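Just below is one structure, and these are the notes that go with it.
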Amino acid sequence: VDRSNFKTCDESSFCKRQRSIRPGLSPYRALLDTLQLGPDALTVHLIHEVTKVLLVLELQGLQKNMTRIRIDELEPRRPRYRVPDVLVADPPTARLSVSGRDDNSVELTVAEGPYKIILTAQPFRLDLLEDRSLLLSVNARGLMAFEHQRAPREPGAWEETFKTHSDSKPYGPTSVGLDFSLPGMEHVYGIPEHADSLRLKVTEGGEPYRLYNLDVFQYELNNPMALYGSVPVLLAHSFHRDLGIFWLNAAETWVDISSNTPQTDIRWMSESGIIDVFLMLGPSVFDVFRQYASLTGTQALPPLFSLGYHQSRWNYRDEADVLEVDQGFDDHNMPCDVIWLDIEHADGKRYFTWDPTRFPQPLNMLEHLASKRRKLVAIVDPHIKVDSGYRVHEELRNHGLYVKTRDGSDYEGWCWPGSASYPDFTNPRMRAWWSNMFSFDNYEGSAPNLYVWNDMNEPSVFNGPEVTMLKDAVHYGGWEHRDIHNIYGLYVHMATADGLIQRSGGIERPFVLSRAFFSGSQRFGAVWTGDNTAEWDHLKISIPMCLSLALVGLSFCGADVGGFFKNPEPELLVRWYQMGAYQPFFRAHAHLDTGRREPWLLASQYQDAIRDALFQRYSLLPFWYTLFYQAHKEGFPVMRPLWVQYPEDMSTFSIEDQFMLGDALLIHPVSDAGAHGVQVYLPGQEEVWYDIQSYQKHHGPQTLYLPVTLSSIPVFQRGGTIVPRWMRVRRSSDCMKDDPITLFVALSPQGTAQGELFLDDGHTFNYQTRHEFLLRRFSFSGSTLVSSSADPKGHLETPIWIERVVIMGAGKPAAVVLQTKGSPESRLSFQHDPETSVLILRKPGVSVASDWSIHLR
Amino acid sequence: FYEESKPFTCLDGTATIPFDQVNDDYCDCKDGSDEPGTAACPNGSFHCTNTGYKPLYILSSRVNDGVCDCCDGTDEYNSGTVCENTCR
Ligand SMILES: *[C@@H]1O[C@H](CO)[C@@H](O[C@@H]2O[C@H](CO)[C@@H](O)[C@H](O)[C@H]2NC(C)=O)[C@H](O)[C@H]1NC(C)=O
Ligand SMILES: OC[C@H]1NC[C@H](O)[C@@H](O)[C@@H]1O
Ligand SMILES: [Ca+2]
Ligand SMILES: [Ca+2]
């Protein structure tokens with residue numbers, strides 16, 4: 001990384017102004033005589049004692065244990081930005097009642113208790129409690145700072161330069177900031193995207209964490225520099241409680257973290273807009289996940305193929321290369337769902353076009369991939385070549401839909417096609433235009449098996465400050481780029497996803513991968529960690545990075561398998577395939593200057609290890625699909641830190657070399673060259689874990705030193721769970737999506753287990769528009785395995801049947817009896833290993849749509 | 001009085017099963033020899049008879065996968081995909 005190309009806090013004048021304020025007595029005071037209380041909100045004027053600037057505080061109790069604090073100017077020169085399209089609904093309120101009052105304090109009860117809010121007038125403070133437990137304080141260190149809008153036109157407050165880029169800053173200083181205290185909290189997480197540790201570090205002696213969507217070439221590890229996406233959500237965990245803070249601001253934001261009986265203080269500093277903050281009071285982490293999902297929505301249900309393996313590089317040469325890659329997977333018995341086309345596929349980086357030598361017949365190439373039951377992904381970026389012969393440019397220029405400069409002209413920056421303009425994705429008409437461009441009549445050469453990749457959507461501008469758009473560029477409604485920056489990428493993602501839904505007449509689920517993101521991006525598809533490097537520490541950082549995304553609702557995360565930059569040695573490539581195989585978004589991608597790394601190009605030992613990782617992922621597709629359905633329905637993360645499943649185990653709070661998939665699998669991928677074993681922490685008092693390869697049972701809590709070879713992927717199934725698998729691994733997920741299921745029943749020490757399974761057609765909205773799906777609950781206790789409906793609304797005509805049951809931790813029965821409505825009682829044959837206590841039930845033969853029971857006699 | 005037919009023995013000798021466990025869509029032999037006509041075994045093979053032309057063997061995982069693997073199209077017999085004969 002070239003750090004001189006990106007601003008430190010000292011080089012961002014508003015960060016320097018905000019951060020220079022040190023802890024002390026706040027000059028802000030609430031004017032209690034102005035207090036007004038209604039059923040939805042409490043409002044009260046706040047005044048700065050020196051400048052006499054009046055602000056309005058709008059304080060609200062909300063349903064589901066949240067509180068909303070909104071601060072804005074009482075009489076501004078012009079309106080301040082308020083983030084649109086991120087919140088999915090107007091949050092339902094909870095009534096605040098005055099239960100205490102004096103000349104400097106008002107105590108407010110939320111609904112019928114137990115939550116309370118104490119508003120102190122002088123100095124202005126808010127305290128949030130549950131009964132007598134102080135949860136959080138606001139402005140406790142007096143760091144609230146609201147720069148009021150001055151008459152439009154010390155150092156850098158108005159016109160400001162960074163390198164050679166001048167920001168005319170017509171509205172001058174307008175930054176907003178506020179501090180929060182978390183008594184009892186020592187561990188905080190989230191605020192992606194940073195190539196840094198899952199447990200966030202104190203920022204006191206260095207830089208704050210930065211949230212500003214940027215294209216950072218050769219980004220480095222364990223530092224707080226802003227990367228491509230920004231989710232202004234912070235989670236706090238302790239043995240006692242979970243809490244979250246959601247700072248709804250789309251402008252450049254800096255976050256300071258300081259630790260102090262234990263307490264963590266958080267400070268948010270934003271360039272513009274209002275103070276709009278949600279306090280999510282839990283008490284469990286699952287309550288915080290539900291709270292946050294009620295505000296910004298849940299993860300879009302991925303079409304099944306998109307949870308398969310993706311093969312990419314910059315670039316496949318032409319149609320012949322695409323078809324050789326396709327044939328290579330089948331000739332080497334390696335499954336793959338999708339082949340990707342990076343920017344060299346288009347006519348000189350004019351998006352929605354095809355290079356007429358490389359891709360003369362795109363429909364024919366798509367028909368060939370469709371005959372193999374595979375898909376293709378084409379890159380579409382939000383920069384349009386300035387070219388009068390390019391139809392997209394002409395229409396966008398003609399209809400004024402580009403982002404403008406202050407003089408009214410279309411902003412022209414430099415990107416992949418040379419001179420390019422930037423569509424204004426904040427304009428709803430531009431998003432409508434973009435979505436209609438995905439129609440099969442407009443995007444010539446596209447077909448229902450072509451999906452999309454949105455890249456460079458920060459936006460990346462090669463000749464712009466920090467490789468992005470000028471701060472004073474103008475958007476829809478007259479808002480400056482500084483006001484909207486962090487939602488620009490989310491808007492590109494949203495409009496592309498809508499384009500894929502629309503072209504099908506609202507039937508097909510989209511698949512869109514986006515580089516830039518914000519709060520709410522989980523509703524539009526997948527994200528990835530950008531331009532990583534073919535190095536062991538970048539393989540290791542993929543866990544904390546995707547975990548930091550999972551905690552803040554972005555469940556469909558991954559990193560480039562093999563690393564984007566440079567050539568991975570074959571052992572690193574194998575280990576990356578094994579890591580990637582157990583991460584939500586699974587794609588191999590590589591930079592323009594790298595050697596080819598399709599997995600069959602390596603020596604047979606490496607190919608074999610990679611094929612094994614691929615087979616493992618494909619067999620687990622029903623499990624992955626069910627976790628994603630639960631993320632879609634509940635807002636629960638797919639990939640989880642161990643502390644989410646073990647909230648009282650203080651030794652799990654910073655673990656980032658291990659993770660869980662739901663409540664059932666614990667994964668410790670090998671992440672060091674020459675490793676002959678791994679130290680696996682298996683938590684849970686009175687918990688058992690089964691090594692999924694050997695079936696060896698291990699009791700928690702313990703650190704096990706496990707031996708590994710090149711082909712090893714340390715995976716453990718938790719006792720108490722049932723994991724569904726497709727054991728007939730075929731070439732793509734479309735080939736497997738009507739196949740029979742094998743249930744893996746891992747018995748707890750109490751001899752019990754449960755697990756769900758979600759199934760539908762694999763790709764439409766029929767599950768929601770027609771309730772065409774199945775949600776089954778498998779449960780084991782005593783000596784009986786039962787299948788019942790977890791959602792009776794869902795029905796599906798399907799040939800899927802239960803071909804096998806593998807029970808771990810069971811003794812040898814005398815007889816196995818299956819019962820199901822409409823069939824005579826059945827006797828199953830079985831095989832049992834007394835050394836591992838593994839029982840295999842042969843061919844139950846029953847429909848996955850039916851209720852049934854298997855009794856071990 | 002009535003003599004019974006002998007059971008099927010896996011080519012690798014790992015099991016003896018009745019002939020109703022042959023091509024019954026469940027893998028009973030470690031070598032995949034009980035399921036030459038289905039996708040049930042991970043190591044089985046399906047024979048493309050390709051009447052009139054050169055015969056080919058394919059992976060069992062390519063039986064009824066919805067993809068045309070044999071030039072005679074016999075691998076796709078209950079998948080929804082109707083394969084045309086392309087052996088000429
Ligand atoms: C809202 O907050 C209440 C109070 O913390 C939650 O209720 C408590 O839940 C815990 C389990 O996490 C129990 O130990 C307590 O007995 C419950 N207290 C009361 C007063 O019921 C409640 O679950 C939260 N609700 C939501 C929707 O998040
Ligand atoms: O499109 C070229 C290049 N742009 C940047 C992306 O992060 C990378 O994945 C891609 O290959
Ligand atoms: Ca059989
Ligand atoms: Ca086939």
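Just so we're on the same page: letters track the sequence lines, and every chain starts at 1. Atoms within a ligand are numbered from 1 in the order they appear, just like the ligands themselves.
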**Prompt:** What is the name of the drug located at ligand 2?
**Reply:** 1-deoxynojirimycin
Most-contacted chain near 1-deoxynojirimycin (ligand 2) (per the PDB entry)
Neutral alpha-glucosidase AB
Problem - Chain letters near 1-deoxynojirimycin (ligand 2) (heavy atom < 4.0 Å) - result: A
query = Other ligands and ions under 4.0 Å from 1-deoxynojirimycin (ligand 2): which ones?
reply = none
Ligand-residue contact atoms, 1-deoxynojirimycin (ligand 2) with A/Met456, heavy atoms, under 4.0 Å | 4 (N), 5 (C)
Exercise for review: Check whether any N or O atom of A/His589, backbone or side chain, sits under 3.5 Å from an N or O atom of 1-deoxynojirimycin (ligand 2), and answer yes or no.
Suggested key: yes
Sub-4.0 Å heavy-atom contact, A/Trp528 with 1-deoxynojirimycin (ligand 2): yes
A/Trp453: heavy atom below 4.0 Å from 1-deoxynojirimycin (ligand 2), yes or no? yes
- Query: Looking at A/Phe564, which atoms of 1-deoxynojirimycin (ligand 2) are within less than 4.0 Å of one of its heavy atoms?
  - Reply: 8 (C), 9 (O), 11 (O)
Among all protein non-hydrogen atoms, which one is nearest to atom 8 (C) of 1-deoxynojirimycin (ligand 2), and what is the separation to 0.1 Å? A/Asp531 OD1, 3.4 Å
Check your understanding: According to the entry, what organism does chain A come from?
Key -> Mus musculus
For this session: Within a distance under 4.0 Å of any heavy atom of A/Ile379, pick out the atoms of 1-deoxynojirimycin (ligand 2) and give their elements.
Result: 1 (O)
Would you mind listing which atoms of 1-deoxynojirimycin (ligand 2) come within a distance below 4.0 Å of any non-hydrogen atom of A/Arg515?
5 (C), 6 (C), 7 (O)
So, does A/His591 sit close enough to 1-deoxynojirimycin (ligand 2) that a heavy atom of it is under 4.0 Å from the ligand? no
Give me the nearest non-hydrogen protein atom to atom 1 (O) of 1-deoxynojirimycin (ligand 2) as residue plus atom name, then the distance to 0.1 Å.
A/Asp342 OD1, 2.7 Å
*Which UniProt-listed substrate-binding residues of chain A does 1-deoxynojirimycin (ligand 2) come close to, with any heavy atom under 4.0 Å?*
A/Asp342, A/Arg515, A/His589
(Q) Measuring from atom 5 (C) of 1-deoxynojirimycin (ligand 2), which candidate in A/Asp455, A/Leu513, A/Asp381 has the nearest non-hydrogen atom? (A) A/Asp455
Just wondering, which residues come within 4.0 Å of 1-deoxynojirimycin (ligand 2) on a heavy-atom basis? A/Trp314, A/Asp342, A/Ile343, A/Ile379, A/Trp416, A/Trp453, A/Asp455, A/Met456, A/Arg515, A/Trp528, A/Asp531, A/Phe564, A/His589
